[PDB]
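Bumetanide complexed to Solute carrier family 12 member 2, as determined in this entry.
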There are 2 protein chains.
Amino acid sequence: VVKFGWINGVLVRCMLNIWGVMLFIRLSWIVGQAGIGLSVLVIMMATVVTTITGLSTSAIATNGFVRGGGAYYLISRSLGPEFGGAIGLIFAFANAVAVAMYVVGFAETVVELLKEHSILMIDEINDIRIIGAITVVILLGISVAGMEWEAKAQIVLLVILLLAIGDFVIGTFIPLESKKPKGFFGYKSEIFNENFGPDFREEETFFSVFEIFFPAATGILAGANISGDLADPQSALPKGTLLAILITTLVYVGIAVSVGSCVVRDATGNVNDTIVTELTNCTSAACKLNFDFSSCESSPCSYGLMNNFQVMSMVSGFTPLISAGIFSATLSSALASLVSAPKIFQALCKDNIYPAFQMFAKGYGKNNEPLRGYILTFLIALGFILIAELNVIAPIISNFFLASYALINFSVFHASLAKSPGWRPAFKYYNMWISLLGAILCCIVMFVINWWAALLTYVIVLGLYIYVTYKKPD
Amino acid sequence: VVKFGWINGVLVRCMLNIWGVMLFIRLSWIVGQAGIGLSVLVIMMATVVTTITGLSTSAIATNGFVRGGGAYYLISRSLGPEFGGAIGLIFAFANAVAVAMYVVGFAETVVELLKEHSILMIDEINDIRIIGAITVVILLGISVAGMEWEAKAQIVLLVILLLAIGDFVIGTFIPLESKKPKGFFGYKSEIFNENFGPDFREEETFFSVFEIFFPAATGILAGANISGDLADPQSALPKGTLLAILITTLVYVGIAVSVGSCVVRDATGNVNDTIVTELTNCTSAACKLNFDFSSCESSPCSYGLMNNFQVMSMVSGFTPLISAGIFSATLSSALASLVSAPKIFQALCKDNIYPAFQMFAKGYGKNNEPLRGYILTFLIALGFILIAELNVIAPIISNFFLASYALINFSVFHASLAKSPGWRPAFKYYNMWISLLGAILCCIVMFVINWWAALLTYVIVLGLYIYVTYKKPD
Ligand SMILES: CCCCNc1cc(C(=O)O)cc(S(N)(=O)=O)c1Oc1ccccc1
Ligand SMILES: CCCCNc1cc(C(=O)O)cc(S(N)(=O)=O)c1Oc1ccccc1
Ligand SMILES: [Cl-]
Ligand SMILES: [Cl-]
């Protein structure tokens with residue numbers, strides 16, 4: 001009913017859907033585990049996968065008018081409604097569970113802050129899910145309040161993220177002597193010269209780092225998810241998604257190098273730990289920074305780039321501003337996924353290729369708003385939160401986004417190589433073997449990311465294919 | 001030019017192509033490693049895969065007239081000439097390399113017999129390849145002598161197998177006291193009661209047993225390989241292949257249970273090892289059979305169901321008859337594969353879907369005899385013999401037959417489930433989901449048998465697909 005296009009929708013939705021819970025919490029630990037010279041490489045590899053998927057989605061976008069939904073209609077019209085429906089359903093489930101993961105990360109950070117600050121609630125183990133129930137109810141309420149309300153919430157949350165990043169960079173740029181027990185020392189070149197090497201940890205490897213980091217990098221093409229509600233389809237999507245991926249990669253690289261050069265892996269924060277600069281053996285950069293707060297090798301000391309989780313916030317002044325940055329990032333990501341998934345399910349139900357899902361069709365609202373999809377995603381997310389401890393199935397579903405991207409790329413490759421009556425791409429570049437390379441990279445990542453879960457993913461895709469084909473749509 | 005059908009071709013070719021080098025050598029060791037209660041199970045599982053593949057091939061056969069070749073034309077006419085050519089090429093390569101491995105196993109057994117009997121040649125390590133070259137020359141000479149010549153050789157070789165099995169069963173049925181140091185004791189119930197349990201060994205497991213045994217069970221549907229030279233296509237193939245698989249499974253089960261109940265895992269063959277039957281502790285079945293030739297647990301003793309390799313021959317009188325049995329079986333299997341592969345390559349080259357293979361087309365001879373394919377298979381086999389030590393790449397090519405079977409089963413499933421204009425099966429049974437279940441078994445076995453080699457097989461199939469698609473045949 002309301003046509004809004006490139007700027008607001010694409011920019012803020014991509015910004016706050018790629019910027020997940022990882023950025024402020026997991027990034028510091030993952031860059032303290034792996035040096036900058038290799039964290040940059042892993043971010044660049046994930047960026048390569050992301051940008052090839054974006055180019056592939058843009059290639060499908062410039063073909064022609066999109067009826068609606070996301071990957072579903074694209075895969076259907078390109079390489080068969082059976083694959084289209086399978087990919088749409090699997091990706092909708094992936095997004096519906098990513099909603100629960102985003103909001104449970106929100107729950108973890110909020111309960112950690114609450115417990116640290118003043119008090120704690122009864123049964124802190126499940127207090128995360130307890131607060132998650134109410135915050136998911138609130139998120140559903142604000143999401144089902146039309147599109148203008150959610151757009152306003154998205155833009156103000158992006159503003160909050162921008163102010164949080166500004167506070168972070170301002171705090172790091174200005175050195176403070178109060179953080180002598182901590183790793184923050186003010187961009188000392190000693191910390192930089194000791195961080196460009198891949199200095200791993202006890203049990204984490206390159207592939208463990210990649211599987212921890214990657215779910216942050218997914219959430220792209222959210223504009224393509226809701227292509228049926230954009231003012232300028234087939235034109236805004238490429239120029240928006242490419243710029244969003246570029247800026248997100250740049251900000252990840254910048255924050256990674258800054259936090260790597262700003263902190264140290266050995267910060268024994270304690271009252272006794274001072275900057276006396278005692279004439280010790282000086283094997284580590286501790287004495288080069290401060291004589292006290294050293295000797296973390298013998299026993300596991302307090303924290304610092306290896307154990308701390310509020311390092312990204314405590315590095316800069318006004319810690320509540322950073323914490324609100326975490327809250328806004330996770331809430332915005334959950335909102336973006338919770339809006340993207342049900343309209344895709346509506347696209348699935350529109351063509352009636354699934355006889356069983358007669359319901360969950362177009363309902364109330366001035367536009368084609370799938371409220372029933374909103375309730376369905378609400379219930380799925382609530383059930384998965386009630387399950388709790390999502391890390392166990394985190395790499396089970398980490399390859400469902402891989403499945404979606406790989407089917408996108410393979411569909412583009414099949415439509416380009418094998419001539420089709422209506423392929424007719426329009427975006428200017430498109431060496432079509434790049435889509436094949438992206439598909440191969442997606443499959444390689446799938447096999448790396450819990451190969452058993454990958455095999456289960458192909459089994460589920462084949463089951464969906466045989467189910468939809470046996471139903472003989474007509 | 002000559003139409004010969006069910007009896008001679010189908011019967012003898014299936015008998016002598018499924019009956020490979022394994023039966024007389026590896027079977028005794030594998031049944032000494034895996035008990036009857038589990039060896040029967042593994043044989044039955046391989047039989048289930050084999051018979052599902054046979055039923056699937058029969059389903060394709062009764063559709064209509066076959067132009068020629070094997071899985072190539074079937075897969076093409078069912079689900080695309082691209083997959084047809086990919087499957088035909090990969091299966092032809094698999095058969096061409098299996099020829100080399102069959103003949104090098106023949107080389108191993110013949111050089112072992114020669115070294116044991118009178119003398120040995122220089123450089124016994126490569127004496128196997130030395131004799132293999134000349135015996136491959138003899139094989140190509142007898143194979144390129146028309147169809148009647150190879151049929152006569154095949155039938156006389158199969159007769160030799162019948163006499164070998166008769167000698168074996170006659171020797172086992174009649175107990176001999178001369179084999180007291182050996183495990184042959186005359187169907188004593190003590191040996192049977194102590195062998196029906198899955199008594200494994202140091203490092204071999206169930207899946208190692210499966211990967212060792214399975215290449216014996218492959219070689220089926222050789223009549224379907226040469227469907228272009230059969231008197232009664234689409235009618236003889238099912239009733240022949242099913243009966244051949246049934247009888248081969250029955251003879252494997254019978255020989256396995258007989259050799260299990262006939263020998264023991266502890267036969268310390270030595271002059272001191274007698275049948276004195278001393279009153280020892282008698283924890284093992286040795287003293288239960290004969291007091292001497294016991295105590296093989298402390299140190300690795302001579303042989304017997306765990307180390308012996310000519311036990312299948314020494315169990316029965318007239319060992320040279322058994323040795324001729326091995327020779328005839330391996331020569332017949334190599335001949336069958338060396339006849340099946342090049343006509344399939346001829347079918348590949350006939351449709352010209354591979355433009356680069358302009359040569360290797362129909363040549364001299366009264367019938368459509370692909371001599372150029374004979375030389376091609378000769379060169380590939382000679383190269384792989386010169387490579388030597390084929391066991392390293394045995395699990396590599398073990399999944400190529402799995403690939404052919406899985407694609408054939410998926411062909412039947414896709415043609416039956418997804419409606420096709422000309423499916424029209426005629427064989428009576430066909431609960432169509434059996435094709436799906438067999439395809440799933442084939443994929444699971446592929447993953448078990450060197451999952452990395454399975455992944456390589458999928459990569460090669462995808463490469464062949466994209467190569468044949470990019471060439472845009474018209
Ligand atoms: C299939 C989609 C998965 C989304 N989950 C996710 C997204 C991001 C991100 O970058 O947006 C980062 C991570 S994380 N903490 O680095 O592993 C994620 O895993 C979570 C999130 C919170 C709780 C436990 C696991
Ligand atoms: C892809 C097809 C392979 C066929 N090769 C094969 C067939 C059979 C059989 O049952 O016909 C048994 C075996 S074996 N000795 O059990 O491993 C085989 O592998 C050999 C053979 C001899 C030397 C080393 C490996
Ligand atoms: Cl996605
Ligand atoms: Cl085969």
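Every chain is numbered from 1 and lettered A, B, ... according to where its sequence line falls, protein lines coming before strand lines. We read in the header that electron microscopy, 3.6 Å was used to get this structure. For the numbers below, each heavy atom of this structure counts, side chains included, while hydrogens, waters and symmetry mates do not. Just so you know, ligand 1 is whichever comes first in the structure, and atom 1 is the first atom listed for that ligand.
To find every copy of bumetanide, look at ligands 1 and 2.
Other chains in heavy-atom contact with bumetanide (ligand 2) below 4.0 Å, by letter: B.
In chain B, numbering the UniProt transmembrane segments from the N terminus, a non-hydrogen atom under 4.0 Å from bumetanide (ligand 2) occurs in the following: 1, 3, 6, 10.
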